[PDB]
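Step one of this worksheet: look at the structure below.
What you see of chain A is 820-841, 846-940, 991-1050, 1067-1167, where the numbers are those given in the PDB entry. Order of listing sets the numbers, starting from 1, for every ligand and every atom in it. When the header is checked for method, it gives X-ray crystallography, 1.6 Å. Just so it is clear, the values below take in all heavy atoms, side chains as well, and ignore hydrogens, waters and symmetry mates.
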Amino acid sequence: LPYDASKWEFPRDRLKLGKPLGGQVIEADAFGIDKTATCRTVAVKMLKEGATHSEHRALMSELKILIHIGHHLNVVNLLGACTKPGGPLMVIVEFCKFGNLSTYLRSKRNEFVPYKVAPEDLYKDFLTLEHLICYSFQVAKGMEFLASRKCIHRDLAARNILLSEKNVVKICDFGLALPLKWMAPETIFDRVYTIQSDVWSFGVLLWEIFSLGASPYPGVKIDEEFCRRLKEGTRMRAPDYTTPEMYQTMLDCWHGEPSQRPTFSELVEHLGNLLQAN
Ligand SMILES: COc1cc2nccc(Oc3ccc(NC(=O)NC4CC4)c(Cl)c3)c2cc1C(N)=O
């Protein structure tokens, strides 16, 4: 996996480094990274001061994942990197103003209606079922993309979905991986990670969406009994903002047999249908 400096290298002196976000990720403004804007706000992952060789390797590996994967609207995309001598290793990605989707949805619990009714200004900036189904559809499209690149996410969860402007959501932290609440039974018991175990996790992500950012498995200690009951077929109950069709979609993603779960291409088609029906 070679590094194409002519494509990706960005001058460190064309960044204004700002506040920490959320690794050592900071907000920054970049000057001339984008031909349509003089100044563009970006997120920068910077190698810690005193990083070990292993830690340095790891951030470089992350950069090469971002290069290799390619561009998609629903994935957090690489804009540039600072790799040359005279400063820290820095990985520059698109900025997602609203941050992670779990935190964001929780902030909107008192600003949700199933659909707006005229006069719609009574629901200014409210979330709706359309928003939630739309976020779901977008994540399915991003995972279909990742699957097509032979990439398994391994920790698909609402905390790893970022919200940008214009209700665009972006998957992050793919290929890098509490955690047990998103893991398919085969992952927990057999340590098998596949695109079908990501589909299971997508199911959990859907529950997080349609609970407006709740933590999965409320009231349950994540221990051997949790794992045993999951294996025996027990599943989360319908969350507070779901439609019946979306709940059935969760159940489908949680089929005990990985081969009987929908594919992400099937989920894109299905959610796209649910979105037009809604
Ligand atoms: C406003 O809050 C945030 C905005 C962000 N925008 C873009 C990227 C972010 O963070 C990330 C999130 C992930 C990656 N890296 C990857 O996704 N790497 C994996 C693909 C190889 C990077 Cl660099 C930066 C952001 C984080 C916050 C925040 N409050 O947490």
- Tell me the name of the drug molecule at ligand 1. lenvatinib
- Message: Help me out: which chain holds the greatest share of contacts with lenvatinib (ligand 1), per UniProt?
- Response: Vascular endothelial growth factor receptor 2
- Taking only heavy atoms of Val899 into account, list the atoms of lenvatinib (ligand 1) that are under 4.0 Å away from them. 17 (O)
- Message: Test your reading of the structure: does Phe921 have an N or O sitting under 3.5 Å from an N or O of lenvatinib (ligand 1)?
- Response: no
- Item | Identity and separation of the nearest protein heavy atom to atom 2 (O) of lenvatinib (ligand 1) | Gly922 CA, 3.7 Å
- Message: Checking a contact table here: which protein heavy atom is nearest atom 13 (C) of lenvatinib (ligand 1), and how many Å away?
- Response: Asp1046 OD1, 3.4 Å
- Message: I'd like to know if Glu917 contacts lenvatinib (ligand 1), where contact means a heavy-atom distance under 4.0 Å to any ligand atom.
- Response: yes
- Query: Which of the numbered atoms in lenvatinib (ligand 1) are below 4.0 angstrom from a heavy atom of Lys868?
  - Reply: 23 (Cl)
- Nearest to atom 27 (C) of lenvatinib (ligand 1), what protein heavy atom do you find, and at what distance? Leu840 CB, 3.9 Å
- Message: Hey, could you check which of the UniProt active-site residues of chain A sits nearest lenvatinib (ligand 1)? Heavy-atom distance to 1 Å would be great.
- Response: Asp1028, 10 Å
- Query: Among protein heavy atoms, which lies nearest atom 15 (N) of lenvatinib (ligand 1), and at what distance?
  - Reply: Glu885 OE2, 3.0 Å
- Query: For lenvatinib (ligand 1), is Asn923 a contact, meaning one of its heavy atoms is under 4.0 Å away?
  - Reply: no
- Item | Distance from atom 4 (C) of lenvatinib (ligand 1) to nearest protein heavy atom, with residue and atom | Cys919 O, 3.1 Å
- Which is it for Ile892 and lenvatinib (ligand 1) at heavy atoms under 4.0 Å: side chain, backbone, both or neither? neither
- Item | Candidate with minimal heavy-atom separation from atom 28 (C) of lenvatinib (ligand 1), of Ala866, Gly841, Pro839 | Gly841
- Query: Which bit of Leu1035 gets closer than 4.0 Å to lenvatinib (ligand 1), counting heavy atoms only: side chain, backbone, both or neither?
  - Reply: side chain
- Specify the UniProt domain of chain A contributing the most residues to the contact with lenvatinib (ligand 1). Protein kinase
- Closest non-hydrogen protein atom to atom 12 (C) of lenvatinib (ligand 1), residue and atom name please, with distance? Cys1045 SG, 3.8 Å
- Identify the binding-site residues of lenvatinib (ligand 1) using a heavy-atom cut-off of 4.0 Å. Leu840, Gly841, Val848, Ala866, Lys868, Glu885, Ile888, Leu889, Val899, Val916, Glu917, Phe918, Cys919, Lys920, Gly922, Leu1035, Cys1045, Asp1046, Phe1047, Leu1049
